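Below is one structure, written out as structure tokens; comments come after it.
All chains are named by letter (A, B, ...) in the order of the sequence lines, taking the proteins before the strands, and each is independently numbered beginning at 1. Counting starts at 1 for both ligands and their atoms, in listed order. Only part shown; contacts counted inside that part.
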Amino acid sequence: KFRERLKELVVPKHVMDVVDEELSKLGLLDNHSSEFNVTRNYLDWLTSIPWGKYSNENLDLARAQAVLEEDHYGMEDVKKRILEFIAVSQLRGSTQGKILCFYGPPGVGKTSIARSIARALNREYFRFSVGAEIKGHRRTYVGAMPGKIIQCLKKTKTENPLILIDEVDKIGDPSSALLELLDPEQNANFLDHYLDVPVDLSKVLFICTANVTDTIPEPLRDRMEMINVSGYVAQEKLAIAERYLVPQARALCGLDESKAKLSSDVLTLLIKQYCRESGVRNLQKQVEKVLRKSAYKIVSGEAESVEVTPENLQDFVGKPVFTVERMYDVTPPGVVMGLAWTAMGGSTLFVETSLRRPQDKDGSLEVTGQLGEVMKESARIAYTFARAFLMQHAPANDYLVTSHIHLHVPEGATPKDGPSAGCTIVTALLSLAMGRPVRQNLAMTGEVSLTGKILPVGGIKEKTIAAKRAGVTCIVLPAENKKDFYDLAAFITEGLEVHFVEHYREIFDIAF
Amino acid sequence: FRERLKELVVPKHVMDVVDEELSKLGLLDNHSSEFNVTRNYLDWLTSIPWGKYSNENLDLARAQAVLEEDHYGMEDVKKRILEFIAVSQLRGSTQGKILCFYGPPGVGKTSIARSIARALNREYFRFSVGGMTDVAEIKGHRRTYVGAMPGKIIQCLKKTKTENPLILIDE
Ligand SMILES: *[B]([O])([O])[C]([C][C]([C])[C])[N]C(=O)[C]([C]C1=[C][C]=[C][C]=[C]1)[N]C(=O)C1=[C]N=[C][C]=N1
Ligand SMILES: Nc1ncnc2c1ncn2[C@@H]1O[C@H](COP(=O)(O)OP(=O)(O)O)[C@@H](O)[C@H]1O
Ligand SMILES: Nc1ncnc2c1ncn2[C@@H]1O[C@H](COP(=O)(O)OP(=O)(O)O)[C@@H](O)[C@H]1O
């Protein structure tokens, strides 16, 4: 029946050659022996991997956009990039060349996006992790198995699958092996150590995902096309949780929407107070935790149906991780709110100032708060410019030249650095010297120079998110960050009175 | 087998090596580990081109037309390559130098290498020494370890099948 296992299948010549040769050599050897079964399994491997079997590619872009939009809420930029890639492939006739690569924070959708791409192109999906072995062993009874790519071919029974090289930056020589594999001039002749026969891999589609692009091979990055999968703001995370995460968790726990319900407000609370990373890896474990507690509560008999609510969520997940996010609600004359940029989101922080000695020989500035060198220098520059600005504005003030000030950025255990918060420190010093509080729900961020120019900053997205989350109504940015601010979703910047300044005098007019 | 070496000009010491390894291969028996390690050793030794050079066109004007058409500017590199061609002409033999281009990112240091190898009609190999920390990625492992590969220059000589292939070492 071995001839029937490849009868209807189109076979090349030099493959049927080895097939008939092994059939004749198997008729030579004795059945049921330590020589027969080996060659039997080898001849099985020759007659198992397809040769002429394909999958009709999905060339249409509308159907591709539909199948990409069904799953994976959000991701509009990655979706646009995938659609453009399919367009270039359709227009080029083939799909070889560069090899796509998705990189970003963990648990962000880089494997499921490759699965959805495979479903888009009607290619058969297959993933093998590279976190030698991709070439198979030799038939000296040591390794009686082919490589994982040959097993991909056998499994998907299609000559043009979509193989996913997941976590390519966790690879151990496999580096040069992959470098040769992805090459389209060595692609047609991939000789594996198990099958002496070459196999054409010039129709398979390769995708690889990683988290950091600091892996060992640089000539990969010459052939790999990098695509960046960013994080998710809280709204997108809530939508993802309501549409994909909670259903799957219910399926895994055996519950259903009637028994245990997670409303929208409790999900927003869970995201806002427990899971602030760029992915959904933590929110997934949190909803699974809730559903396990609920399963126990319904099976044990404490309640025939459980309803989670923002006044008993801590009974399910424990204590909230984050907090009120506003140390001040009304700022005294000395303090001013600045914005910080972590790697796990934004943050709001205040800058406090006070007299250190009674009377309001020059003055001094003492600086605390675990500040880096760049931040201490920013404080020095802000001190100088604040003295100059007060001299030119109120030449009869005598403050800031005779007073001894202490400047503290609260949460003194946290090390903090950066050239931003220069305008914040200038505003704090000025508002203390004039005895006037700044506008109440006013945040600012910007690097000041010695003459007052406001220089651009980084992380405008995270800072603006953290400002909107803290009840900021007016935010002040450098004018060279107008682009960065306007490349934000309309719901992030919807209710903020924004001001773009180039010199500090405009900040002074806004804050006072 | 021994037919992969009749086109090659094999030195004498490597001839003794391949002879003694053939003796070991013949005395050993199939389906055994030593059989396989000697088979790999002999395959690698018989895959190295032991006497062959690539036909290098030392024609000046054709190589200048090749260089001047696929890369703008970069007068120093092209002048050095032309002087290299002139010296190869005078010496009558195919020679080899060691060059290094340094400059800001993305000014043609990598593509000029490929166009140069096309001009001289040599082969072309590139591999980066950027993140490597162990020397076995160049000098190769030893034939005794459980997984043995001969490095990354023997691979050049084997795949290019030449002895003057213009290896480019990036970064
Ligand atoms: B700014 O954008 O440079 C800013 C100044 C901040 C003290 C108001 N720096 C930061 O926010 C840093 C990140 C950074 C940016 C640019 C250069 C160097 C560092 N973040 C923090 O200091 C910080 C503070 N608290 C919590 C977490 N991170
Ligand atoms: N935009 C999204 N829409 C729907 N589900 C998502 C989205 N982003 C992430 N997920 C879910 O979160 C999980 C992400 O894990 P995964 O992306 O496989 O990890 P990694 O990014 O390390 O490969 C998946 O189960 C996926 O279903
Ligand atoms: N004169 C030139 N003509 C054509 N392409 C050029 C030229 N100068 C630079 N390039 C481009 O620069 C790129 C190569 O840059 P490279 O030398 O690899 O920089 P690095 O190696 O420092 O990253 C190629 O895409 C090439 O097209």
Notebook entry, point to check: Under the nomenclature of UniProt, which macromolecule has the greatest contact count with ligand 1?
Noted result: Lon protease homolog, mitochondrial
Notebook entry, point to check: Can you identify the drug or drug candidate present at ligand 1?
Noted result: bortezomib (bound form)
Notebook entry, point to check: Which neighbouring chains have any non-hydrogen atom closer than 4.0 Å to bortezomib (bound form)?
Noted result: A
Next item on the list: Specify the UniProt domain of chain A contributing the most residues to the contact with bortezomib (bound form).
Entry: Lon proteolytic
